[PDB]
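Heads up, this one has INT131 in it.
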Amino acid sequence: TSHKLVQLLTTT
Amino acid sequence: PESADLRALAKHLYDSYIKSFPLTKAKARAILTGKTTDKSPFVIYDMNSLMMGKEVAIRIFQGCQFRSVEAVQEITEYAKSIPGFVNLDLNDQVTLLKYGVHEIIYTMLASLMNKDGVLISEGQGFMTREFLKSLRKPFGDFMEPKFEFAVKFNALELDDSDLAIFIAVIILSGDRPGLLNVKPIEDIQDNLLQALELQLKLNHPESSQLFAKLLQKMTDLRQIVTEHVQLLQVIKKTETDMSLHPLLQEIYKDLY
Ligand SMILES: O=S(=O)(Nc1cc(Cl)c(Oc2cnc3ccccc3c2)c(Cl)c1)c1ccc(Cl)cc1Cl
Ligand SMILES: [Cl-]
């Protein structure tokens, strides 16, 4: 999942 | 030509570090040495002082966690400005952060530390080392290894411009477990290590073997984190639920 890491990584 | 590009890289990394991290080492050393028009920081050295400023050990542990959440977020924003990083496989971006974020947190925490304590609340507080040492097992065993690290690391006298590149090199480690595409990571790391080498020769011309010294520090950082994650495991196995931030759960899941 690592949903929260990916969410940080793709916010602009 | 190539040396110009490694300076441009150095400078871009510094600009990004300034934009990513509101409390720098320059500003922390001004506060810690009292060379600032700001009021002196509030000192915490017991319950008395802690109070003015769950059980005490756990309220502190939980404060470290909340601050770590914010730090992971600032380190993520920083990693995102390292050229090539956002174009890496997104699963490998995640893995690099999971296995490297704590090493960066404790590198940077050293900027805020001396032999007597550490700055907290963006430099508005100072929590003494003897106070943290007085916390009951396992909580009073977390920071002592980090003070040992910091005192020696701080006598290398790195500035923010040095740290920016040191941090970038650690994040782009090709040897983290489970990486899919090792090569493009090593290629970015190699260019970052060249940038670090030139930065140290230029910024610290008379510092004996600084580069090799720093590379050993990266190895010392892994041990510091190995032990740190051992204590977290113990806490997980044997303490009540700390209700972790979901962001920290994901990171802790895989290194446990
Ligand atoms: O040294 S640590 O391993 N990590 C740590 C320490 C500090 Cl002083 C940190 O910095 C702050 C910064 N601000 C804080 C504000 C309130 C309480 C605690 C705070 C701690 C951070 Cl982010 C991690 C640590 C020390 C003591 C305890 Cl009970 C837990 C940990 Cl994880
Ligand atoms: Cl205690």
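In this entry the chain letters A, B, ... are assigned according to the order of the sequence lines. So for chain A, numbering is the PDB entry's, and the shown residues are 1-12, in order. Chain B is numbered as in the PDB entry, which gives 206-258, 275-477 for the residues shown. Counting convention: from 1, in listed order, for ligands and their atoms alike. Structure method, as recorded: X-ray crystallography, 2.3 Å.
Within the model, the positions assigned to INT131, copies included, correspond to ligand 1. Here the macromolecule bound to INT131 with the most contacts is known in the PDB entry as Peroxisome proliferator-activated receptor gamma. Other chains contributing a heavy atom less than 4.0 Å from an atom of INT131: B.
The site surrounding INT131, defined by heavy atoms under 4.0 Å, contains B/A278, B/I281, B/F282, B/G284, B/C285, B/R288, B/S289, B/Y327, B/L330, B/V339, B/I341, B/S342, B/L356, B/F360, B/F363, B/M364, B/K367, B/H449. Among the rosiglitazone-binding residues UniProt records for chain B, the set within 4.0 Å of INT131 by heavy-atom distance is B/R288, B/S289, B/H449. Taking every heavy atom of B/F282 and a limit of under 4.0 angstrom, the matching atoms of INT131 come to 28 (Cl), 29 (C). When hydrogens are left out, the protein atom nearest atom 20 (C) of INT131 is B/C285 SG, 3.7 Å; that is the closest non-hydrogen contact. Taking a cut-off of under 4.0 Å to the non-hydrogen atoms of B/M364, the atoms of INT131 that pass are 1 (O), 6 (C), 7 (C), 8 (Cl), 25 (C). Less than 4.0 angstrom separates some heavy atom of B/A278 from each of these atoms of INT131: 28 (Cl). The contact region for INT131 on chain B lies mostly in UniProt domain NR LBD. Annotation for INT131: atoms under 4.0 Å from non-hydrogen atoms of B/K367 are 1 (O), 3 (O). For INT131, the atoms lying closer than 4.0 Å to a non-hydrogen atom of B/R288 are 12 (C), 22 (Cl).
According to the PDB entry, the source organism of chain B is Homo sapiens. For atom 14 (C) of INT131, the nearest non-hydrogen atom of the protein is B/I341 CB, 3.9 Å. Looking at INT131, you'll find an N or O of B/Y327 within less than 3.5 Å of one of its N or O atoms. The protein non-hydrogen atom at the shortest distance from atom 17 (C) of INT131 is B/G284 CA, 3.7 Å. Among all protein heavy atoms, the one lying closest to atom 25 (C) of INT131 is B/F363 CB, 3.6 Å. Among protein heavy atoms, atom 10 (O) of INT131 sits closest to B/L330 CD1, 4.0 Å. Using a 4.0 Å cut-off to heavy atoms of B/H449, the atoms of INT131 that qualify are 3 (O), 31 (Cl).
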